[PDB]
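Heads up, this one has cilomilast in it.
Residue numbers count from 1 along this sequence. Just so you know, these numbers use all the heavy atoms, side chains as well, and skip hydrogens, waters and symmetry mates. One-based numbering, in listed order, for ligands and for the atoms of each.
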Amino acid sequence: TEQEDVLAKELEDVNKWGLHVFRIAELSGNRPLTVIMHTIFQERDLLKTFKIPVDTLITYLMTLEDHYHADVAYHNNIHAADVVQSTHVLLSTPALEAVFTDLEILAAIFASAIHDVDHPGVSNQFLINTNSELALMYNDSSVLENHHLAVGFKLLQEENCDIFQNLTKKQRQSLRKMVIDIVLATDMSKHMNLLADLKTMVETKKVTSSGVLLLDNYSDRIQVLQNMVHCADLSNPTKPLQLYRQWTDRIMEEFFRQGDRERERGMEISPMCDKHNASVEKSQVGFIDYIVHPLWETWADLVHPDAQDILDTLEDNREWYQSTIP
Ligand SMILES: COc1ccc([C@]2(C#N)CC[C@@H](C(=O)O)CC2)cc1OC1CCCC1
Ligand SMILES: [Mg+2]
Ligand SMILES: [Zn+2]
(Lines of atoms letter the chains of each structure in order from A; the text may use other names.)
(Lines give C-alpha, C1' and ligand atoms only; values in the text may rest on other atoms or scores of the structure.)
(Ligands and ions follow the chains in the order given, each with its own letter.)
Protein backbone atom coordinates (compact mmCIF):
# COMPACT_ATOMS: atom_id res chain seq x y z
CA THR A 1 0.00 0.00 0.00
CA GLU A 2 1.03 3.66 -0.43
CA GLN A 3 1.15 4.04 3.38
CA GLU A 4 3.68 1.19 3.59
CA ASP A 5 5.85 2.72 0.84
CA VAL A 6 5.92 6.15 2.51
CA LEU A 7 6.83 4.52 5.85
CA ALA A 8 9.81 2.78 4.21
CA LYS A 9 11.01 6.11 2.74
CA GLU A 10 10.82 7.85 6.13
CA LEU A 11 12.79 4.98 7.71
CA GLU A 12 15.59 5.51 5.17
CA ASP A 13 16.61 8.46 7.42
CA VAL A 14 17.10 6.26 10.50
CA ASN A 15 20.81 7.20 10.59
CA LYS A 16 20.02 10.93 10.66
CA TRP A 17 19.42 13.39 13.50
CA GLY A 18 15.92 14.76 12.93
CA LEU A 19 14.10 11.61 11.81
CA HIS A 20 10.39 12.35 11.29
CA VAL A 21 9.42 10.21 14.30
CA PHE A 22 5.85 11.54 14.61
CA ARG A 23 5.13 10.80 10.95
CA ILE A 24 6.54 7.29 11.43
CA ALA A 25 4.27 6.80 14.46
CA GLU A 26 1.26 7.73 12.30
CA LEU A 27 2.25 5.62 9.27
CA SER A 28 3.00 2.51 11.37
CA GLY A 29 -0.37 2.48 13.17
CA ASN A 30 1.23 3.78 16.37
CA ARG A 31 4.10 1.29 16.23
CA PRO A 32 7.14 3.64 16.02
CA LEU A 33 9.14 1.71 18.64
CA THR A 34 8.66 -1.64 16.89
CA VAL A 35 9.45 -0.45 13.34
CA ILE A 36 12.37 1.78 14.39
CA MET A 37 13.92 -0.94 16.60
CA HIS A 38 13.48 -3.54 13.82
CA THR A 39 15.07 -1.18 11.30
CA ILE A 40 18.03 -0.44 13.60
CA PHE A 41 18.56 -4.13 14.43
CA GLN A 42 18.68 -4.93 10.69
CA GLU A 43 21.01 -1.97 9.96
CA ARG A 44 23.50 -3.04 12.65
CA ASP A 45 23.13 -6.76 11.76
CA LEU A 46 22.18 -7.55 15.38
CA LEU A 47 19.74 -10.36 14.49
CA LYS A 48 22.51 -12.35 12.79
CA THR A 49 25.21 -11.43 15.33
CA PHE A 50 23.15 -12.59 18.33
CA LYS A 51 21.03 -15.19 16.47
CA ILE A 52 17.76 -13.46 17.33
CA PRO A 53 14.83 -15.05 15.47
CA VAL A 54 12.99 -12.23 13.68
CA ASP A 55 9.58 -13.43 14.96
CA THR A 56 10.95 -13.34 18.53
CA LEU A 57 12.23 -9.77 18.08
CA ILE A 58 8.91 -8.52 16.69
CA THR A 59 6.89 -10.29 19.39
CA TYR A 60 9.00 -8.76 22.17
CA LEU A 61 8.96 -5.31 20.57
CA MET A 62 5.18 -5.25 20.16
CA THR A 63 4.77 -6.45 23.76
CA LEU A 64 7.17 -3.79 25.07
CA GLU A 65 5.46 -1.10 22.99
CA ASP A 66 2.08 -2.21 24.40
CA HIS A 67 3.38 -1.45 27.91
CA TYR A 68 3.97 2.22 27.05
CA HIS A 69 0.74 4.12 27.82
CA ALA A 70 -1.15 5.54 24.83
CA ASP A 71 -2.81 8.19 27.05
CA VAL A 72 0.43 9.75 28.38
CA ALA A 73 1.38 12.74 26.20
CA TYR A 74 5.18 12.62 26.47
CA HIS A 75 6.45 9.45 28.16
CA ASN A 76 5.02 7.06 25.60
CA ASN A 77 6.19 4.78 22.77
CA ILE A 78 7.06 7.74 20.49
CA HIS A 79 9.51 9.08 23.09
CA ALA A 80 11.00 5.59 23.51
CA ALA A 81 11.39 5.27 19.73
CA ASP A 82 13.00 8.73 19.61
CA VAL A 83 15.51 7.91 22.37
CA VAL A 84 16.37 4.58 20.67
CA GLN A 85 17.00 6.30 17.33
CA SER A 86 18.96 9.13 18.95
CA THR A 87 21.17 6.60 20.76
CA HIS A 88 21.62 4.77 17.45
CA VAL A 89 22.90 7.98 15.80
CA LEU A 90 25.18 8.82 18.77
CA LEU A 91 26.72 5.31 18.61
CA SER A 92 27.81 6.11 15.02
CA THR A 93 29.80 9.23 16.01
CA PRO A 94 33.26 9.13 14.36
CA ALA A 95 34.94 9.67 17.77
CA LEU A 96 33.30 6.41 18.97
CA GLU A 97 34.23 4.44 15.83
CA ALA A 98 34.70 0.79 16.81
CA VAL A 99 34.95 1.74 20.50
CA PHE A 100 32.01 -0.35 21.70
CA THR A 101 31.41 -4.07 21.11
CA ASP A 102 28.24 -5.44 19.54
CA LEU A 103 27.11 -6.52 23.04
CA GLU A 104 27.57 -2.97 24.39
CA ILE A 105 25.73 -1.57 21.36
CA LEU A 106 22.91 -4.07 21.96
CA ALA A 107 22.79 -3.02 25.63
CA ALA A 108 22.59 0.72 24.86
CA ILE A 109 19.85 0.26 22.27
CA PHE A 110 17.86 -2.15 24.47
CA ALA A 111 18.22 0.17 27.47
CA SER A 112 16.93 3.06 25.36
CA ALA A 113 13.92 1.03 24.22
CA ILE A 114 12.81 0.05 27.74
CA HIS A 115 14.00 3.15 29.60
CA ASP A 116 10.53 4.66 30.25
CA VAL A 117 8.24 1.61 29.85
CA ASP A 118 4.97 1.70 31.85
CA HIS A 119 5.53 5.37 32.75
CA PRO A 120 2.35 6.71 34.46
CA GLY A 121 2.86 10.32 33.36
CA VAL A 122 3.80 11.59 36.85
CA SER A 123 7.20 12.25 38.44
CA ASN A 124 9.18 10.35 41.06
CA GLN A 125 8.52 13.18 43.50
CA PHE A 126 4.76 12.98 42.90
CA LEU A 127 4.92 9.23 43.53
CA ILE A 128 6.84 9.81 46.78
CA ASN A 129 4.51 12.64 47.92
CA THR A 130 1.33 10.60 47.34
CA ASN A 131 2.68 7.56 49.22
CA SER A 132 2.31 5.46 46.07
CA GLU A 133 2.82 1.72 45.89
CA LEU A 134 5.77 2.30 43.53
CA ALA A 135 7.57 4.59 46.01
CA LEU A 136 6.87 2.08 48.80
CA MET A 137 8.30 -0.77 46.71
CA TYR A 138 11.46 1.13 45.76
CA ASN A 139 12.15 3.03 48.98
CA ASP A 140 11.91 6.46 47.33
CA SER A 141 15.05 6.04 45.19
CA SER A 142 14.98 5.96 41.38
CA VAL A 143 11.37 4.85 41.76
CA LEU A 144 10.28 4.93 38.13
CA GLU A 145 13.68 3.96 36.72
CA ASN A 146 13.76 0.76 38.76
CA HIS A 147 10.22 0.03 37.58
CA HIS A 148 11.03 0.61 33.88
CA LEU A 149 13.87 -1.89 34.18
CA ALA A 150 11.79 -4.47 36.04
CA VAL A 151 9.06 -4.33 33.38
CA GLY A 152 11.47 -4.39 30.42
CA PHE A 153 13.24 -7.49 31.71
CA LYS A 154 10.06 -9.24 32.89
CA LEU A 155 8.54 -9.02 29.39
CA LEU A 156 11.41 -11.14 28.00
CA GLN A 157 9.79 -14.07 29.83
CA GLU A 158 6.51 -13.86 27.85
CA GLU A 159 5.84 -16.40 25.06
CA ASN A 160 8.38 -16.11 22.22
CA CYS A 161 9.83 -12.90 23.71
CA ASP A 162 13.34 -13.88 24.86
CA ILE A 163 15.44 -12.04 22.28
CA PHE A 164 18.59 -12.95 24.25
CA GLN A 165 17.93 -16.72 24.17
CA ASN A 166 21.04 -17.45 22.06
CA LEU A 167 23.46 -15.30 24.06
CA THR A 168 25.88 -17.14 26.35
CA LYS A 169 25.26 -16.94 30.11
CA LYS A 170 28.23 -14.56 30.33
CA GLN A 171 26.80 -12.28 27.65
CA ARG A 172 23.36 -12.25 29.32
CA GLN A 173 24.86 -11.33 32.70
CA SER A 174 26.98 -8.56 31.17
CA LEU A 175 24.11 -7.13 29.12
CA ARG A 176 21.78 -7.13 32.15
CA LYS A 177 24.31 -5.28 34.30
CA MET A 178 24.97 -2.68 31.59
CA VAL A 179 21.27 -2.11 30.89
CA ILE A 180 20.57 -1.58 34.61
CA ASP A 181 23.53 0.81 34.93
CA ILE A 182 22.30 2.82 31.92
CA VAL A 183 18.61 3.08 32.82
CA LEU A 184 19.30 3.98 36.45
CA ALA A 185 21.47 6.85 35.09
CA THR A 186 18.39 8.36 33.37
CA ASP A 187 17.11 9.45 36.81
CA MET A 188 17.43 13.27 36.81
CA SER A 189 18.49 13.33 40.47
CA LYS A 190 21.79 11.84 39.18
CA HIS A 191 22.28 14.39 36.36
CA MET A 192 24.60 16.82 38.18
CA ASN A 193 26.96 14.08 39.42
CA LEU A 194 26.88 12.35 36.01
CA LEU A 195 27.78 15.63 34.29
CA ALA A 196 30.53 16.39 36.83
CA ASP A 197 32.09 12.99 36.18
CA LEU A 198 31.77 13.45 32.39
CA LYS A 199 33.62 16.77 32.62
CA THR A 200 36.39 15.00 34.56
CA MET A 201 36.72 12.38 31.80
CA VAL A 202 36.96 15.09 29.13
CA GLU A 203 39.82 16.82 31.02
CA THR A 204 42.05 13.72 30.82
CA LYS A 205 40.55 11.95 27.80
CA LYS A 206 42.87 9.81 25.67
CA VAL A 207 42.42 9.61 21.90
CA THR A 208 44.11 8.17 18.83
CA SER A 209 45.64 10.44 16.17
CA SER A 210 42.23 10.45 14.40
CA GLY A 211 40.35 11.55 17.56
CA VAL A 212 38.80 8.18 18.46
CA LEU A 213 38.25 7.74 22.21
CA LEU A 214 40.26 5.15 24.13
CA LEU A 215 38.20 3.57 26.91
CA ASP A 216 39.64 0.49 28.57
CA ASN A 217 37.88 -0.35 31.83
CA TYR A 218 34.22 -0.94 32.57
CA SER A 219 33.89 2.23 34.67
CA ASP A 220 34.90 4.51 31.78
CA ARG A 221 32.98 2.56 29.11
CA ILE A 222 29.71 2.44 31.06
CA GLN A 223 30.12 6.11 31.99
CA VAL A 224 30.17 7.07 28.30
CA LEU A 225 27.15 4.84 27.55
CA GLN A 226 25.27 6.29 30.54
CA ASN A 227 25.90 9.84 29.37
CA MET A 228 25.11 8.89 25.76
CA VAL A 229 21.62 7.58 26.60
CA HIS A 230 21.12 10.49 29.02
CA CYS A 231 21.94 12.87 26.13
CA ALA A 232 19.49 11.00 23.89
CA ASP A 233 16.85 11.35 26.62
CA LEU A 234 17.59 15.10 26.77
CA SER A 235 17.86 15.58 22.98
CA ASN A 236 14.52 17.27 22.19
CA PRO A 237 15.94 20.84 22.14
CA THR A 238 18.74 19.76 19.75
CA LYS A 239 16.30 18.50 17.09
CA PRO A 240 14.84 20.53 14.22
CA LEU A 241 12.46 23.13 15.70
CA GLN A 242 9.37 21.50 14.14
CA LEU A 243 10.05 18.35 16.21
CA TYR A 244 11.21 20.19 19.35
CA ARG A 245 8.03 22.29 19.51
CA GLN A 246 5.94 19.09 19.43
CA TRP A 247 7.97 17.61 22.29
CA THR A 248 7.46 20.84 24.26
CA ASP A 249 3.69 20.69 23.72
CA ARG A 250 3.68 17.09 24.93
CA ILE A 251 5.78 17.54 28.08
CA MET A 252 3.66 20.57 29.04
CA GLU A 253 0.45 18.55 28.55
CA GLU A 254 1.85 15.84 30.86
CA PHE A 255 3.08 18.36 33.46
CA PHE A 256 -0.26 20.19 33.47
CA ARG A 257 -2.12 16.89 33.97
CA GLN A 258 0.11 16.14 36.98
CA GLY A 259 -0.63 19.62 38.28
CA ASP A 260 -4.35 18.90 37.88
CA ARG A 261 -3.96 15.71 39.96
CA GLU A 262 -2.04 17.71 42.60
CA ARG A 263 -4.76 20.39 42.65
CA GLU A 264 -7.47 17.71 43.02
CA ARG A 265 -5.59 16.30 46.06
CA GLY A 266 -4.94 19.69 47.70
CA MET A 267 -1.17 19.44 47.21
CA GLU A 268 1.26 22.20 46.31
CA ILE A 269 1.53 22.30 42.52
CA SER A 270 5.00 21.31 41.28
CA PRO A 271 7.12 23.78 39.28
CA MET A 272 5.87 24.24 35.68
CA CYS A 273 2.77 22.06 36.36
CA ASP A 274 0.25 24.89 36.88
CA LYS A 275 -1.65 25.50 33.62
CA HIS A 276 -3.02 28.78 35.06
CA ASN A 277 0.47 30.16 35.91
CA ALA A 278 2.76 28.84 33.16
CA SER A 279 5.60 30.45 31.20
CA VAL A 280 6.29 27.73 28.61
CA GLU A 281 8.88 29.63 26.57
CA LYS A 282 10.83 30.99 29.55
CA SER A 283 10.85 27.45 30.96
CA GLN A 284 12.35 25.98 27.77
CA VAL A 285 15.08 28.62 27.67
CA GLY A 286 15.84 27.82 31.32
CA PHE A 287 15.83 24.07 30.57
CA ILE A 288 18.40 24.68 27.82
CA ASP A 289 20.57 27.06 29.86
CA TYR A 290 20.76 25.05 33.07
CA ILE A 291 20.48 21.42 31.90
CA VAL A 292 20.57 20.68 28.18
CA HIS A 293 23.31 23.02 26.96
CA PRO A 294 25.73 22.24 29.84
CA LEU A 295 25.30 18.54 29.10
CA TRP A 296 25.57 18.75 25.30
CA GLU A 297 28.52 21.16 25.41
CA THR A 298 30.37 18.61 27.54
CA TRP A 299 29.41 15.72 25.24
CA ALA A 300 30.55 17.89 22.30
CA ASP A 301 33.94 18.36 23.96
CA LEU A 302 34.24 14.58 24.44
CA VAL A 303 33.61 13.79 20.76
CA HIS A 304 34.94 17.09 19.30
CA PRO A 305 34.04 18.14 16.68
CA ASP A 306 31.40 15.52 15.77
CA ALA A 307 28.54 17.06 17.78
CA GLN A 308 28.94 20.58 16.37
CA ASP A 309 25.80 20.36 14.19
CA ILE A 310 23.73 19.17 17.17
CA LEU A 311 25.06 22.05 19.30
CA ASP A 312 24.36 24.50 16.46
CA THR A 313 20.72 23.39 16.32
CA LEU A 314 20.40 23.67 20.10
CA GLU A 315 21.67 27.24 20.01
CA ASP A 316 19.37 28.12 17.07
CA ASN A 317 16.37 26.79 18.98
CA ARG A 318 17.29 28.61 22.18
CA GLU A 319 17.52 31.85 20.19
CA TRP A 320 14.11 31.23 18.64
CA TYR A 321 12.38 30.40 21.93
CA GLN A 322 13.96 33.49 23.52
CA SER A 323 12.63 35.64 20.63
CA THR A 324 9.06 34.56 21.50
CA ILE A 325 9.46 36.17 24.95
CA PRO A 326 8.50 39.87 24.76
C1 LIG B 1 10.86 19.46 25.74
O2 LIG B 1 10.95 19.77 27.13
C3 LIG B 1 11.31 18.83 28.07
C4 LIG B 1 11.56 17.49 27.77
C5 LIG B 1 11.93 16.60 28.79
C6 LIG B 1 12.06 17.04 30.11
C7 LIG B 1 12.45 16.15 31.28
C8 LIG B 1 13.60 16.75 31.98
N9 LIG B 1 14.50 17.21 32.56
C10 LIG B 1 11.26 16.09 32.25
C11 LIG B 1 11.57 15.26 33.50
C12 LIG B 1 12.00 13.84 33.15
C13 LIG B 1 12.39 13.10 34.41
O14 LIG B 1 12.77 13.74 35.42
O15 LIG B 1 12.32 11.86 34.41
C16 LIG B 1 13.15 13.86 32.14
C17 LIG B 1 12.83 14.72 30.90
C18 LIG B 1 11.81 18.39 30.38
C19 LIG B 1 11.44 19.27 29.37
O20 LIG B 1 11.19 20.59 29.63
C21 LIG B 1 11.13 21.13 30.96
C22 LIG B 1 9.97 20.55 31.77
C23 LIG B 1 8.81 21.52 31.66
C24 LIG B 1 9.32 22.72 30.87
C25 LIG B 1 10.84 22.62 30.85
MG1 LIG C 1 12.64 8.38 32.53
ZN1 LIG D 1 12.89 9.29 28.82
(request) Enumerate the ligands or chains that make up cilomilast. (result) ligand 1
(message) Help me out: which chain holds the greatest share of contacts with cilomilast, per UniProt?
(response) 3',5'-cyclic-AMP phosphodiesterase 4D
(message) Just curious, which residues make up the binding site of cilomilast with non-hydrogen atoms under 4.0 Å?
(response) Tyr74, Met188, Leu234, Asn236, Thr248, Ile251, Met252, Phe255, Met272, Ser283, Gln284, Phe287
(request) Give the atoms of cilomilast, by number and element, whose distance to some non-hydrogen atom of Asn236 is under 4.0 Å. (result) 1 (C), 4 (C)
(request) Please report which non-hydrogen protein atom sits nearest to atom 13 (C) of cilomilast, along with the residue it belongs to and the distance in Å to one decimal place. (result) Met188 CG, 3.8 Å
(message) What do you see: which UniProt Mg(2+)-binding residues in chain A have a non-hydrogen atom under 4.0 Å from cilomilast, if any?
(response) none
(message) Side chain or backbone, does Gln284 bring an N or O within less than 3.5 Å of an N or O on cilomilast?
(response) yes
(message) Within cilomilast, which atoms have a heavy atom of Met252 less than 4.0 Å away?
(response) 23 (C), 24 (C)
(request) Give the UniProt active-site residue in chain A with the shortest heavy-atom distance to cilomilast, rounded to 1 Å. (result) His75, 4 Å
(message) I'm curious what other ligands or ions sit under 4.0 Å from cilomilast. Any?
(response) ligand 2 (magnesium ion)
(message) List cilomilast atoms under 4.0 Å from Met272, heavy atoms only on the residue side.
(response) 23 (C), 24 (C), 25 (C)
(request) Tell me which UniProt domain of chain A holds most of the residues that touch cilomilast. (result) PDEase
(request) For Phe255, take its heavy atoms, then give the atoms of cilomilast lying under 4.0 Å from any of them. (result) 22 (C), 23 (C)
(message) Please tell me if atom 23 (C) of cilomilast is touched by the protein, where touching means a protein heavy-atom distance below 4.0 Å.
(response) yes
One line per pair, note the atom names and distance for all nitrogen or oxygen contacts under 3.5 Å between cilomilast and the protein.
from, atom 1, to, atom 2, distance (Å)
cilomilast, 2 (O), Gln284, NE2, 3.1
cilomilast, 20 (O), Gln284, NE2, 3.2

